[PDB]
Amino acid sequence: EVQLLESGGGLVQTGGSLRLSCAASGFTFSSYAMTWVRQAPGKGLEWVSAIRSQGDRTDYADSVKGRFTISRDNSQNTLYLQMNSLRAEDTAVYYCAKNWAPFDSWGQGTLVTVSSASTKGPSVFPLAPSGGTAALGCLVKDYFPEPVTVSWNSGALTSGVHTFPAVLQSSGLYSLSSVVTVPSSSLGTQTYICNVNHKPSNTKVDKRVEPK
Amino acid sequence: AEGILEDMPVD
Amino acid sequence: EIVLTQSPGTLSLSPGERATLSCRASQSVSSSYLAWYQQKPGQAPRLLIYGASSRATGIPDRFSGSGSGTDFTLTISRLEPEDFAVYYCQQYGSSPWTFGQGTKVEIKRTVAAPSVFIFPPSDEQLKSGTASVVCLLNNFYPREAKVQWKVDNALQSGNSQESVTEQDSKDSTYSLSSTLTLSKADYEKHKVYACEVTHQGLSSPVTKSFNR
Ligand SMILES: [Zn+2]
Ligand SMILES: [Zn+2]
Ligand SMILES: [Zn+2]
């Protein structure tokens, strides 16, 4: 089983540094060039950097030349990306990929946010319920950086659930809602709890939402 | 496989 | 640099129809070194075609690719439900490697009118000194929808934000969340809060409201 697994993303101050690693298994690492592709939120794919099988030759996109160094340890089956003088344009999900081109195996991505803003954990506010359908939810408000995680009833309830893409408020902070529609008459015979997790700030919240 | 560039050449 | 121009931006088709996606290059692509990827929300990209026309491993034979020089085509002969994603082309004929801007393929289905719900600010949020009013449009199609906020019957402008889920895998609809933001002070000065939804499944705009 081929696996690529990035590590090392998170919030970074503008002009700061970060190193990413990508652990590989399931193929003979020392036979392939390895690659870093990135994707800004809501945007397309950008090739970032590539390194020869033996660590022998490196190449870069012009936007990162002189600030990013790609490297690899073939004793450790690990690919690295050292990132200096980071700017907001560098904010993206960073993917590890196999081959010089094209890319058959990709990692899961790691999110790198480049900003001056501090980390802020969200507040979680209940959206209470009053066709015959009711709707309830949670407002996960004023957090930074992305992402947050929402499940309902520790993952048991999934159907009728809608978790929305966060919005960037003009304050610089994110807000998202997650809702569930349920039959009105289930309101007295079910407990509804949203499980919110914001790993950047180590925040975890379970809020029961109650009828009015 | 033709059309897969598994590796970069030496330069 | 080789610029890749994908078209159409968005393609909307009922399942079983033929999808045709175009990729044009600003320079000729050496050796027909052109790849096609599929990318679903929150997932890494997936290789479909390499060398302009060769299918990757485990790719159903309804994906086919053709072209050379500057004009390339990805054909999906019968659109299956698992096919509705973003499609990127990528050239590796000359450095640096570049991707096109992507084509969104959505599934067309019959019109479905939203059901609409409005949530007052939670008391918890009012204690902390802000006020968010939330309006929900549930399982509608097509995507296009006009959501308008009224406060004591005055049309709001510029103080709301909205977000849309991806197309639901069971009934192919969208849902929408709109958040109206106002100060706690102004919220407690007004009585009627209304969410006015316009959608082609509705014979005329629908309004949900509550009195503070
Ligand atoms: Zn729904
Ligand atoms: Zn199928
Ligand atoms: Zn007022």
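A note on names: the letters A, B, ... follow the listed sequences, proteins ahead of strands, and every chain is numbered from 1.
- In this structure, the drug modeled at chains A and C is Lu AF82422.
- Ranked by contacts, the top partner of Lu AF82422 (the one with most) is named in the PDB entry as Alpha-synuclein 110-120.
- By non-hydrogen pair count under 4.5 Å with chain B, the winning chain of Lu AF82422 is chain A.
- Listed by number, the residues of chain B within 4.5 Å of Lu AF82422 (non-hydrogen atoms) are B:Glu2, B:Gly3, B:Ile4, B:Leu5, B:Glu6, B:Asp7, B:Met8, B:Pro9, B:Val10, B:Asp11.
- Residues of Lu AF82422 with a heavy atom within 4.5 Å of chain B: A:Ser31, A:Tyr32, A:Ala33, A:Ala50, A:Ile51, A:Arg52, A:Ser53, A:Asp56, A:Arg57, A:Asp59, A:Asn99, A:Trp100, A:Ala101, A:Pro102, C:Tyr33, C:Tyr50, C:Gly51, C:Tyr92, C:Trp97.
- The PDB record for this entry identifies chain A as Lu AF82422 Fab heavy chain.
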